[PDB]
There are 2 protein chains.
Amino acid sequence: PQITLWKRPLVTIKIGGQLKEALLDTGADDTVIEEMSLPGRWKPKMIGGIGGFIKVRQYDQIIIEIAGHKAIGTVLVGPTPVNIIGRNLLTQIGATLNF
Amino acid sequence: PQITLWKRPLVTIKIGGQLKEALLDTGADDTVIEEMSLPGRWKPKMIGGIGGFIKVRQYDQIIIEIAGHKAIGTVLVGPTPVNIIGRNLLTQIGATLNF
Ligand SMILES: CC(C)(C)NC(=O)[C@@H]1C[C@@H]2CCCC[C@@H]2CN1C[C@@H](O)[C@H](Cc1ccccc1)NC(=O)[C@H](CC(N)=O)NC(=O)c1ccc2ccccc2n1
Ligand SMILES: [Cl-]
Ligand SMILES: [Cl-]
Ligand SMILES: [Cl-]
Ligand SMILES: [Cl-]
Ligand SMILES: [Cl-]
Ligand SMILES: [Cl-]
Ligand code: NA
């Protein structure tokens with residue numbers, strides 16, 4: 001499907017067995033998800049945005065469903081006010097920006 | 001025109017007669033440009049993202065060119081580490097997300 005940008009590009013995702021809303025974000029290098037109880041090994045990482053950096057948990061090889069597309073990759077979990085799907089997973093599902 | 005996301009989606013912009021590089025960011029409501037001198041009336045605003053908030057100058061009705069496309073809209077000027085083209089201008093250049 002094709003998504004115009006008149007509204008935030010929000011989609012349903014599945015992660016750890018749970019349905020969530022997240023923002024398709026071409027301006028993000030990485031995927032960051034709100035604090036949740038996710039199984040898997042992780043390590044601490046700093047990630048940055050406008051306003052500086054936050055401390056997140058980095059989980060590798062996490063299976064995530066994005067608008068019905070499966071993808072496996074790194075997920076960061078931390079105090080974001082919004083779930084965002086970054087380029088590391090957008091590429092996995094074949095997303096592109098067109099105009 | 002189609003842009004894959006294996007790398008940051010950066011393009012050349014012209015603002016205030018100066019050339020700059022900016023990120024096309026479907027996750028950003030607003031367009032934010034690094035500190036520069038811009039003619040025009042403006043008002044203070046604070047905008048928020050991953051590490052929190054920054055103070056910006058809001059300029060309305062700025063003529064800007066993005067990847068060869070003309071647009072006129074609101075531009076926020078402030079201490080962002082990366083120039084960002086948000087949805088307010090991406091809709092004017094007819095960007096869509098495909099996947
Ligand atoms: C630009 C503004 C209008 C502030 N909007 C936003 O920030 C909204 C805020 C929303 C709510 C909080 C959760 C994030 C979403 C999406 N964003 C946009 C969103 O696209 C935002 C834009 C951006 C890009 C680069 C640098 C700064 C900011 N990207 C990001 O926040 C991602 C997060 C990540 N690490 O994956 N940052 C980066 O990918 C990134 C890249 C280069 C950097 C260089 C120096 C410092 C920081 C850097 N951060
Ligand atoms: Cl809009
Ligand atoms: Cl566990
Ligand atoms: Cl290169
Ligand atoms: Cl000033
Ligand atoms: Cl005006
Ligand atoms: Cl003109
Ligand atoms: Na041109």
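A note on names: the letters A, B, ... follow the listed sequences, proteins ahead of strands, and every chain is numbered from 1. Whatever order the structure lists ligands and atoms in, that order sets their numbers, starting from 1. Recorded method is X-ray crystallography, 1.7 Å.
- Of the candidates saquinavir, ergotamine, vincristine, what sits at ligand 1 is saquinavir.
- Against saquinavir, the chain with more heavy-atom contacts than any other is given by the PDB entry as Protease.
- Other chains with one or more heavy atoms under 4.0 Å from any atom of saquinavir: A, B.
- By number and name, no other ligands or ions lie nearer than 4.0 Å to saquinavir.
- Considering only non-hydrogen protein atoms, atom 11 (C) of saquinavir sits nearest to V82(A) CG2, 3.9 Å.
- Nearest non-hydrogen protein atom to atom 27 (C) of saquinavir is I50(A) N, 3.6 Å.
- Checking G27(B), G51(A), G52(A) against atom 17 (N) of saquinavir, the nearest heavy atom belongs to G27(B).
- At a heavy-atom distance under 4.0 Å, no atom of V32(A) approaches saquinavir.
- Nearest protein neighbour of atom 13 (C) of saquinavir, counting heavy atoms only, is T80(A) OG1, 3.4 Å.
- The deposit lists the origin of chain A as Human immunodeficiency virus type 1 BH10.
- For atom 7 (O) of saquinavir, the closest heavy atom belonging to the protein is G49(B) CA, 3.7 Å.
- By the criterion of a heavy-atom distance under 4.0 Å, neither the backbone nor the side chain of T31(A) is placed next to saquinavir.
- Residue-to-ligand polar distances place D29(A) within reach of saquinavir: an N/O pair is separated by less than 3.5 Å.
- Any N or O atom pair closer than 3.5 Å counts here, and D30(A) shares at least one such pair with saquinavir.
- Counting heavy atoms under 4.0 Å from saquinavir, residue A28(A) touches it through both backbone and side chain.
- Here's the thing with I84(A): none of its N/O atoms is less than 3.5 angstrom from an N/O atom of saquinavir.
- Among all protein heavy atoms, the one lying closest to atom 49 (N) of saquinavir is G48(A) O, 3.0 Å.
- Atom 46 (C) of saquinavir has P81(B) CG, 3.6 Å as its closest protein atom, hydrogens excluded (heavy atom only).
- The shortest N/O to N/O separation between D25(A) and saquinavir falls below 3.5 Å.
- Counting heavy atoms within 4.0 Å, the binding site of saquinavir comprises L23(A), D25(A), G27(A), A28(A), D29(A), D30(A), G48(A), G49(A), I50(A), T80(A), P81(A), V82(A), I84(A), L23(B), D25(B), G27(B), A28(B), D30(B), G48(B), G49(B), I50(B), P81(B), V82(B), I84(B).
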